[PDB]
**Q** 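Here we have a deposited structure with ponatinib present.
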Amino acid sequence: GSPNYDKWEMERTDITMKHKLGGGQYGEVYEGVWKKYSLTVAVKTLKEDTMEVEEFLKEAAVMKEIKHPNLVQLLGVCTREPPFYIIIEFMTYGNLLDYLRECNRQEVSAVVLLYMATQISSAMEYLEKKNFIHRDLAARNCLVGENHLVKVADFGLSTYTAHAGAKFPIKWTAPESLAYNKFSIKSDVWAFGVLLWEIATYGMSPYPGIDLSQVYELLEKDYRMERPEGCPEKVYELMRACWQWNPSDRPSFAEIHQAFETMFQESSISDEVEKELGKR
Ligand SMILES: Cc1ccc(C(=O)Nc2ccc(CN3CCN(C)CC3)c(C(F)(F)F)c2)cc1C#Cc1cnc2cccnn12
């Protein structure tokens, strides 16, 4: 309502800055508090004098355009001068990889594994529809909140090893992306498949006992990860479709989401009945 108003910009002093999250594993991401409203937030920062200004500013632009229940939601930025902030709502249970590695499987049961996958493929259908490419989909890049709410994120984490002049997470990376640097919503589909396998194993590292140097060549001979113990057949079938060698042969996220939503609804019906028996 005044000449230098920007609806996304906040004042840094609105925000109480506290500890770095995850002991550094998320980069420059800090727990903060938006004082006026209490709200605990997460704050990504870039200090002055860096060669990352353009990339950070590009990140802010993108988030201003992303609005979905299962994608991280921008609350505000500080980008009028250094240090830059990007502020989003705090997700209390941390990243999905660790959550799966530390959980109680009585709570995180098979209906919850289906819930997680449905939420993630819904965030990816949205990106698919808006013609975005995530480019680093993985359980380390999903966040968990109350009642197994899952939101997709991207910390810019690049485990990652040297490849084609940069750092790639080989075991999540689609073949055309490794071979030709070709990234698309279809390579995200390949990665979602590895994420499904991460969920199914409660967070095991992919391609167990296989050294990264052998992954591409095995994939090119049509080797794929085997079905995890206890992974339902239909879910494995979806994994193998995400891992079609030709990107065009892989399902869309719309299709994947509809599949998971159906299975989640069926599973949830069984879950509520067992619980209703428990109560009583
Ligand atoms: C402070 C912060 C800043 C930024 C982001 C962030 O996720 N950035 C992001 C940037 C771009 C994109 C889309 N592009 C991907 C690349 N692609 C080439 C283009 C499309 C997306 C996506 F989610 F939409 F994918 C996310 C997360 C946080 C957090 C947090 C937080 C909240 N609670 C907790 C608890 C523990 C740890 N962290 N934490």
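Going by the PDB entry, the residues shown for chain A are 228-385, 392-513, listed in order. When a ligand or atom number is given, it counts from 1 through the structure's own listing order. No hydrogens, no waters, no symmetry mates; every other heavy atom, side chains included, goes into these values.
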**Q** If you rank chains by how many heavy-atom contacts each makes with ponatinib, which has the most, and what name does the PDB entry give it?
**A** Proto-oncogene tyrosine-protein kinase ABL1
**Q** Determine whether the side chain, the backbone, both or neither of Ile360 has a heavy atom under 4.0 Å from any heavy atom of ponatinib.
**A** backbone
**Q** Determine whether the side chain, the backbone, both or neither of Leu298 has a heavy atom under 4.0 Å from any heavy atom of ponatinib.
**A** side chain
**Q** May I ask you to list the atoms of ponatinib that are less than 4.0 angstrom from any heavy atom of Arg362?
**A** 18 (C)
**Q** Is there a polar contact between ponatinib and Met318, counting only N or O atoms under 3.5 Å apart?
**A** yes
**Q** Return the closest protein heavy atom for atom 25 (F) of ponatinib as residue, atom name and distance.
**A** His361 CD2, 3.3 Å
**Q** Does ponatinib approach any residue of chain A that UniProt lists for ATP binding closer than 4.0 Å (heavy atoms), and which?
**A** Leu248, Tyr253, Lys271, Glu316, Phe317, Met318
**Q** Quick sanity check for my notes: UniProt domain of chain A with most contacts to ponatinib?
**A** Protein kinase
**Q** Any atom of ponatinib sitting under 4.0 Å from a heavy atom of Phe382?
**A** yes
**Q** Pick one of side chain, backbone, both or neither for how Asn368 approaches ponatinib, counting any non-hydrogen atom pair under 4.0 Å.
**A** neither
**Q** Just distances here: any N/O of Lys271 and N/O of ponatinib closer than 3.5 Å?
**A** no
**Q** Would you call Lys378 a ponatinib contact, heavy-atom distance under 4.0 Å?
**A** no
**Q** Counting heavy atoms only, which of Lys357, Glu286, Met351 comes nearest to atom 5 (C) of ponatinib?
**A** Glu286
**Q** Nearest UniProt active-site residue in chain A to ponatinib, and its heavy-atom distance to 1 Å?
**A** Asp363, 6 Å
**Q** Please indicate whether any nitrogen or oxygen in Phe359 is less than 3.5 Å from any nitrogen or oxygen in ponatinib.
**A** no
**Q** Within 4.0 Å (heavy atoms only), which residues surround ponatinib?
**A** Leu248, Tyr253, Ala269, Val270, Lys271, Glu286, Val289, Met290, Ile293, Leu298, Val299, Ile313, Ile315, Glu316, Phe317, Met318, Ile360, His361, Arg362, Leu370, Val379, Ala380, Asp381, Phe382
